[PDB]
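Cilobradine:Potassium/sodium hyperpolarization-activated cyclic nucleotide-gated channel 3 complex.
Chain labels are A, B, C, ... in exactly the order the sequence lines appear. Shown for chain A, in order and in the PDB entry numbering: 50-151, 156-191, 205-426, 433-459, 464-475, 485-493, 505-528. The PDB entry numbering applies to chain B: residues 50-151, 156-191, 205-426, 433-459, 464-475, 485-493, 505-528, in that order. To match the PDB entry, the residue numbers of chain C are left as they are there, and the shown ones run 50-151, 156-191, 205-426, 433-459, 464-475, 485-493, 505-528. The residues of chain D that appear here are 50-151, 156-191, 205-426, 433-459, 464-475, 485-493, 505-528 by the PDB entry count, in order. All ligand and atom numbering here is 1-based and tracks the order in the structure.
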Number of protein chains: 4
Amino acid sequence: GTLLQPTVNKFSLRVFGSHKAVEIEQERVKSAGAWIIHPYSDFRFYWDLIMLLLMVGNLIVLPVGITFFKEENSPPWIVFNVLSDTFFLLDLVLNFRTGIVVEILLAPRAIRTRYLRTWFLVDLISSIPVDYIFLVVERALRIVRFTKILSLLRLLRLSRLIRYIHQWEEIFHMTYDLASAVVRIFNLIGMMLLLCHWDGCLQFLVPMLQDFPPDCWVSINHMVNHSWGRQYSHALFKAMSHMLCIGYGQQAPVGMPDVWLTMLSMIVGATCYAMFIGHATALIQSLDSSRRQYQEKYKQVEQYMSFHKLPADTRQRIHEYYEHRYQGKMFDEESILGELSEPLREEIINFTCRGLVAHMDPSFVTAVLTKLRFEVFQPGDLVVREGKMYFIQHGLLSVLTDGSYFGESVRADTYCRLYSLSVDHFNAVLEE
Amino acid sequence: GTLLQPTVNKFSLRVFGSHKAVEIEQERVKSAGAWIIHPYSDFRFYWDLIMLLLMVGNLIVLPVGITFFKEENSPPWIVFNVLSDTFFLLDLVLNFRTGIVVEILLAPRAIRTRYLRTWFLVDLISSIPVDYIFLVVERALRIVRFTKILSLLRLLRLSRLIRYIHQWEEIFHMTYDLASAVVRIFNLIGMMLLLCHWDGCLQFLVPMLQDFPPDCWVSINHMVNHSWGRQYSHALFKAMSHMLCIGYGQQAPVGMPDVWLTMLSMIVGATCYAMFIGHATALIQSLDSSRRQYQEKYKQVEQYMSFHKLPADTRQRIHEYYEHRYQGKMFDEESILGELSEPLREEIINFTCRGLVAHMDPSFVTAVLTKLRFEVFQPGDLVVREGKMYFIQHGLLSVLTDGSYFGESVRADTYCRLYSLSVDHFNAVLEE
Amino acid sequence: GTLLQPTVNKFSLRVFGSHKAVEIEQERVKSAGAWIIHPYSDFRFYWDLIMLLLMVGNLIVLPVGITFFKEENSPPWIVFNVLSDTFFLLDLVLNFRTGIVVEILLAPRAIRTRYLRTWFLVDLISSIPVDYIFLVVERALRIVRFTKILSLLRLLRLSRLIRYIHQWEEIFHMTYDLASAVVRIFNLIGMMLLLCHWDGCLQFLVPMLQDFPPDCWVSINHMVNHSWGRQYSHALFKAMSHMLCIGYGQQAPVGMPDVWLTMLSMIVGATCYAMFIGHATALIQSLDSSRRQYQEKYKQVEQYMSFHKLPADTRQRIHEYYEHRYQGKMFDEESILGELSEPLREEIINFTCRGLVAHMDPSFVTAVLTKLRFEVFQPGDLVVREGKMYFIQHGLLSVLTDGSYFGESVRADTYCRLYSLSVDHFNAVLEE
Amino acid sequence: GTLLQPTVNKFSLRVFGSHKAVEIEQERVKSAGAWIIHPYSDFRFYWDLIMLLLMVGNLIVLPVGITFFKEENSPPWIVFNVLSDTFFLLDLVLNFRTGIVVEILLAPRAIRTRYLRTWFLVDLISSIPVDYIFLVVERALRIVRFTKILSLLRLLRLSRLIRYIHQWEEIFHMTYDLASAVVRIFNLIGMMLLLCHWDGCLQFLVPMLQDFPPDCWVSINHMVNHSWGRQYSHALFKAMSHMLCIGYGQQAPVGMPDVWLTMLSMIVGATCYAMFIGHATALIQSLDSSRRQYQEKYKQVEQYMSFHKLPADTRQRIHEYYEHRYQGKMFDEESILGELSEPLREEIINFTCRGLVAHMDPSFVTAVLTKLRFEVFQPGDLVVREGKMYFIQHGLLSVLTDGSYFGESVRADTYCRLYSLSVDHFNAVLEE
Ligand SMILES: COc1ccc(CCN2CCC[C@H](CN3CCc4cc(OC)c(OC)cc4CC3=O)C2)cc1OC
Ligand SMILES: COc1ccc(CCN2CCC[C@H](CN3CCc4cc(OC)c(OC)cc4CC3=O)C2)cc1OC
Ligand SMILES: COc1ccc(CCN2CCC[C@H](CN3CCc4cc(OC)c(OC)cc4CC3=O)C2)cc1OC
Ligand SMILES: COc1ccc(CCN2CCC[C@H](CN3CCc4cc(OC)c(OC)cc4CC3=O)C2)cc1OC
């Protein structure tokens, strides 16, 4: 009976904190006197995993089944509709009982009023079979067309599909690290494919209800008596050619329901393609930002060069210095060491340094190693004046190899990475 | 008589300041000797609310009424034009008297010269009925076509509609918080729909004035003697197919007014669709910026990892530390507490802290609570050396539960959020 | 004779500095022994103003004059070509003598070698009349077509037009403040219009050289014997329909020069329209950046709210505080006062402050006024504890009106903007 | 035998460091007991330079050779296929032996398992001639069509081409400074051209296998018995018209393989063009960032002006100050001097300063020159009060010329750039 309560996962510990907050939430669920269903429990997961599959199945199969087929009295179609109505009614019954993340777990007052205020009507319309009631209660062709238009009320399950998809993918940013633009662009691709699939069925459906006039494209292309696969292929081609702004037929369209459907599909396709270009741009601009911020910083540097009118050899020397200091990449070594915790910084220092001070109290050694600084030099650029202590990591130094010190005229022969521990910090560590 | 003066609203207090500045502005309006109209008063609001509705009504109805209908001597059309001319003349009379935000409320000198210099001519042209004067003063078909082209001068009210819309939506950024890109993109959508509606009427209007030559599309499609709804539908379809860059008919266009109108509508549609893509991109890039700045910062962090060639276990340990420190979100807790005022920071501290120091002078307690710091640790990462005081918010610590202190070998067993009050700040508070 | 030397303008003082650097540059021009022409002088300006007009005139008139007209032996055409050849030869002669901004004013060595290395050949080809030489030196229709293809070598003046336009608009960023994206987008619009105008003439030119085969569109549309205006209109419509990716005719194109010209114009139009979308996006993203950085900062603030799980009343109180502190706008008052000079800051302080300290040594007053700080409070938020001095700019305070002080239980009744001069800074000013 | 080992280049010194790390890597390659091939050596470079040329040659020639030609038994075709199979088998043999940058140079364990896990199958399929085996082992037209479909398995060499191109261009960001967006956009242009070239051959290939039905476009346009150049031109035109979303023929397509190929090419072309717009936008936004950050900063400055309601003369004075301080360009002179090394800063100071202190111990002079600060003033803005030392670089000062000092009422007549060395720093240098 603990399936209604939230368990102890990585997600529950990231949301609530320690195990004590999770046990407080479990006692809070068990304290409201009901069979209350917590929205992070396993039961909602196992239920919505079934419901998303049934939603995708219905939203793909139902327009093709309504429009293209002739006799709607086949047995597996009726079985399919009855089972879909049963599950989408039980999901409404459980939506009476679930918790709402704003977590409002008060069953008799908060959940009922919040569900009746926001999303009861759309789920109630999309749940029950409306057409079969009118068939039991009740010029037969007008009745059949009216029942087809009533049976197209099943497509209001998209408002539930969007809600459950947004809930699960809002959960799954915390269990796993995900790029946001990828999630947004695949959500948009799914929406675009679903809209194109609906426009195909709609552009066959509208000449269908008029008993195929001689002006429509179906009668012109002489394709009334083919199979449903051929008709679906041509209708989907027509819908995709209107959606991607192509230009379909020989003539301009003649009938009045053709013109307005054409214009509607053109507007929907143009807006969807504009949002697709926007998501593609937002995804491309976040691939190599570390190689872009360095470029902007070097633009500012050469602007500083141009403001003071420096000679050309000095400018190419600055260029070589930044190439061998940052290596085409932007990072701030002060703030990164500022943000971290202390023994993890001790680990990073014990990896990088603390092997160069092997020659000549461990806590004294760690304090000296924390008191260091990183420097990059250049050949010809001599560092000492005749009349601050260094260590050598790389490069050549003439007055040597990797690893030495200058105990208190030294010229750099190549690119050298050095360290420094200048005597004020050393005296502070001696005081410690 | 106080309707001409600005009242005391949320907007007036955000603009001018206290009530004293508002009373100074009211005395300034009452001191200029006139019936001067202040541009933030209620009278301009109640006037422009009527004028925007009349502008939308005229700019939708008038091209359809001029082009498609045959006899323009129906009585309600003349009544509609007379009432529109009356209101758009009275609006000119009141635009002589209004104040101008640059607020220049000097009536006889500043307002008259500024209005005559900038926008008197366009409002004067779009105000008066030009066609009826030529009809009273004055080959009859050329006269009727000339009066239609003169009656198309009513469409210079768009320059007033743009001005009033920009004034009100510049006001309504301060009464309510609004995203800027939403306002920009709905302004562009309104402009695009209005331009498409005008291109439809224009592409029926140009074959209309030539007594329908046999080369034009109206004579080819055999649609001279249909109703005006059918003709408007086909003309709007042709205009939208040129605007969205489709490709309309079987043949290339033949007549010379067809080719240049076609090219003009193609260029206008291409530029409008490019600006729509630009606004859509600018709106998409401002949805999840807090989830993007964290991504860029972590790119810089892993670049810092790659610059010093750290081992893989240390890199995944940094990754886990940032996941459980920032939780996929960028914020700077130092600058946010820097920007705020002092007792509001005392409120935030009294909510978060000041319950953990419940065990063991209230001002002393508030000073100690302001002297705290926030820390996040990791399991295995022990924090103390044998031979600074902490508090526990979450996690487990072995040598415990949530809430304890280390009064002056402690190992973190899980993710722990701790506090710190190191003895220098404590001695400063003891000095206070 | 001083027209060859740079004068004293706003631009010369912004580039070189004081008048002494300008006089050094004038002596440098007069010291190189030549009639050397400095590239910032008035003579190059007055010369290039003529040359840009002749370039636009030639690059518009010459393709229409070559392709559509039949007899090329009219007198004003020959006069026009002779005068154009004369001016574009004299411009080459002066390009031997001008200075080069890299300013290299050394005449006999630097300028000649740099001009012969980079851009001598293209200007030499586009300068001289090539076709008339072949006409004097030399199946007549092949000769006429060959002279037309040789006379199309005049269109290599675009490489000079681009160079002079970039030089002048690089100059005119410093004389006047200009948005960069506006300059870029109008340069692109000019290039796109010129390319479309060339594609029209080219798509009439290619069927022209083949003596109008029956497969081409000119023979199909029966438009060989119309005037040149009709043919230019249809050719430009065909070129613009290929460029904006429309779909032109009934059939697919049949001949082989039609297909490759069609594909070439489609590729050029697609790339130009993509760069136009890019420039439009870059222009839109730089209109309301100050209203966007505030939005991003408030996203970070509400993220900081969500990280610590604050109550709702505190969150809306932070929201009201930022609305009445920054007013939907981002600025940093510390760094702006950091960047400025000292007496200008004294001017800003003497405007804002120094009227509130009117009640109760002027240098002492200026030091106290520099030692102030700006604060914003909130109603209910009382500021003093029973048992730092303030000034009042706005709001109401109960224990008052605008302008008072607290000389060393005060409750804010409304939004209050206050000042502060806490006693350490006051003691430092007393020490001064 | 040292060609398998990495040599000493600029790239090897930038990657590994000094010469000692390179010699350690050479001893590491020579210590694994094999003929192991290091992935940065010269041998992989000289091998992949041949392999990229063979890949481009095969991926251009093979679809045109399979589809359009009739008899595939010509001798140079068989020689070409045999040589291509030989080289792409030897490349597999060497891919067994190469090192893998993750550098894993362990031959018998790491490389074999990593290559068998990731990319053995695709290279094995694309290496061997599959069709000739079925021809040796084995209604003849079905056999010929089946061998053509088997011989189209050679096009899985694109997965190797992408890998080698990404490896070399990841190497060549470090040998030379390159803009990233240029590399990305030319990679995308190459991919788009290759996909269009494949769609042309595919849209001729599909009617080819059906023995040219009368519904297809080849039989309609009466182009079965032309040469292969004409057929390739029309097929590539059809593929490019579907890819750029044009609208190709008179009728809608009739056959079922036509419709789905048409829709597939439309979707691929739309996605490629959207990514091209994204790369073009990302390239345009990185051209003039230094002229954009100044614009954003000045927006913040004028917002700070509007927040405090400053007079207009003060606002234009701030505008003139920023124009003559930053010159339309953003840079931070403190952080740039912070990032650099010390003797290079001494070089920059010795260029800019140290000529103005020529009048009135060299180390003392360098310390005073490091203790300076840069200031910009304005005419009318007098700087001294009657009752800090300066130097003059430009401008005029009345109580002069360029270069003077104020040894401890001076009015600036023009724009002046000055220096400062205020007495605390001078006393510190005297202490040094
Ligand atoms: C070291 O431990 C491991 C680390 C990493 C891994 C690899 C695990 N992988 C990490 C990336 C996410 C992926 C699956 N995922 C989640 C489920 C889901 C469901 C959706 O339907 C609502 C959805 O809607 C768009 C989007 C998504 C997003 C999504 O992609 C699982 C395995 C590990 O060990 C097993
Ligand atoms: C707690 O107090 C409340 C807080 C919040 C609310 C919700 C109030 N809502 C907040 C958002 C704006 C909206 C209406 N709005 C303003 C009027 C207008 C007119 C225009 O024509 C010129 C226009 O042109 C584009 C654009 C707009 C923008 C616009 O959308 C009103 C109610 C509250 O209590 C009643
Ligand atoms: C208070 O003093 C004043 C302040 C301000 C003004 C308004 C003066 N205005 C300021 C904006 C620029 C404009 C003209 N301009 C320069 C000439 C040019 C030539 C080009 O051809 C190469 C070009 O190529 C794209 C682009 C441009 C850009 C361009 O627009 C002149 C007047 C004032 O007093 C007179
Ligand atoms: C002062 O010393 C010099 C400084 C500068 C120079 C100019 C040298 N130049 C600098 C820019 C890169 C260019 C060639 N380059 C590298 C090779 C390659 C191969 C590719 O195939 C995989 C590729 O795939 C997209 C992309 C690229 C990128 C690319 O453009 C060489 C010369 C110098 O002296 C000789």
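Counting only non-hydrogen atoms, chains lying under 4.0 Å from cilobradine (ligand 3): C. The residue-level binding site of cilobradine (ligand 3) (heavy-atom cut-off 4.0 Å) is C/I231, C/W234, C/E235, C/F238, C/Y242, C/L244. In UniProt's N-terminal ordering, chain C has a heavy atom under 4.0 Å from cilobradine (ligand 3) in none of its transmembrane segments.
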